[PDB]
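Model: Frequenin-2 / ligand chlorpromazine.
One-based numbering along the sequence shown. Atoms within a ligand are numbered from 1 in the order they appear, just like the ligands themselves. Hydrogens, waters and symmetry mates are skipped; everything else that's a heavy atom, side chains included, is used.
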Amino acid sequence: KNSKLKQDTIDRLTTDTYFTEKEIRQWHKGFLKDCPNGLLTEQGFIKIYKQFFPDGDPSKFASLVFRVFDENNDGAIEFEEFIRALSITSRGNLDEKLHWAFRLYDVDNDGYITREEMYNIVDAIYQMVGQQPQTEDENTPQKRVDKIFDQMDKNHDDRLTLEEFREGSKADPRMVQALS
Ligand SMILES: CN(C)CCCN1c2ccccc2Sc2ccc(Cl)cc21
Ligand SMILES: [Ca+2]
Ligand SMILES: [Ca+2]
Ligand SMILES: [Ca+2]
């Protein structure tokens with residue numbers, strides 16, 4: 001019964017996250033309000049994003065986030081996955097946050113961010129806003145991303161490793177700023 005919070009789950013969570021046992025039990029109550037039976041599917045996750053961005057279509061972005069939350073790739077976000085992601089994004093140190101962002105941009109999980117993956121995240125963000133925006137010629141989404149990508153791509157091989165992305169993002173936080 002996915003609804004019941006087991007002690008074994010709490011034990012791993014207090015080891016792996018910055019939440020106390022009392023905080024985890026309180027979060028489990030709120031989690032059950034949005035997800036009474038304890039498992040959030042991708043459609044369920046898209047549905048919550050749609051409510052929050054009524055003038056856009058956040059489906060593409062929500063699906064990208066969902067796959068990073070769903071660490072075991074079983075098609076549902078369990079409470080333990082929710083708490084782990086919340087710990088990283090709301091309490092984690094800068095290296096932990098940037099690793100999470102790297103996983104979001106690395107759509108195919110091959111260990112590299114390509115320009116095309118970065119374009120795709122940006123396009124998804126624009127869709128969520130609800131705008132495929134007309135831009136001046138030098139301000140196109142591709143042009144903006146390309147200049148930031150080029151500065152992070154220190155060996156100019158058209159892909160970003162975790163280290164290129166993380167150190168580059170410390171000098172220029174815009175790619176991860178856009179995620180929030
Ligand atoms: C205000 N709230 C909806 C929580 C914040 C938004 N958001 C989110 C959505 C639904 C369930 C959990 C989360 S945590 C989170 C972590 C990373 C990113 Cl990129 C987004 C989110
Ligand atoms: Ca899962
Ligand atoms: Ca990739
Ligand atoms: Ca590179």
Help me out: which ligand numbers or chain letters belong to chlorpromazine? ligand 1
For atom 12 (C) of chlorpromazine (ligand 1), find the nearest protein heavy atom and state the residue, atom name and distance (0.1 Å precision). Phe82 CE1, 3.4 Å
Any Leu86 heavy atom less than 4.0 Å to chlorpromazine (ligand 1): no
Tell me which other ligands or ions sit under 4.0 Å from chlorpromazine (ligand 1). none
To which protein heavy atom is atom 9 (C) of chlorpromazine (ligand 1) closest, and what is the distance rounded to 0.1 Å? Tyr49 CE1, 4.2 Å
Heavy atom of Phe52 under 4.0 Å from chlorpromazine (ligand 1)? no
Going by the order shown, which atoms of chlorpromazine (ligand 1) are within less than 4.0 Å of some heavy atom of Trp100? 17 (C)
So, at a heavy-atom cut-off of 4.0 Å, what does the binding site of chlorpromazine (ligand 1) look like in terms of residues? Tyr49, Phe69, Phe82, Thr89, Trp100
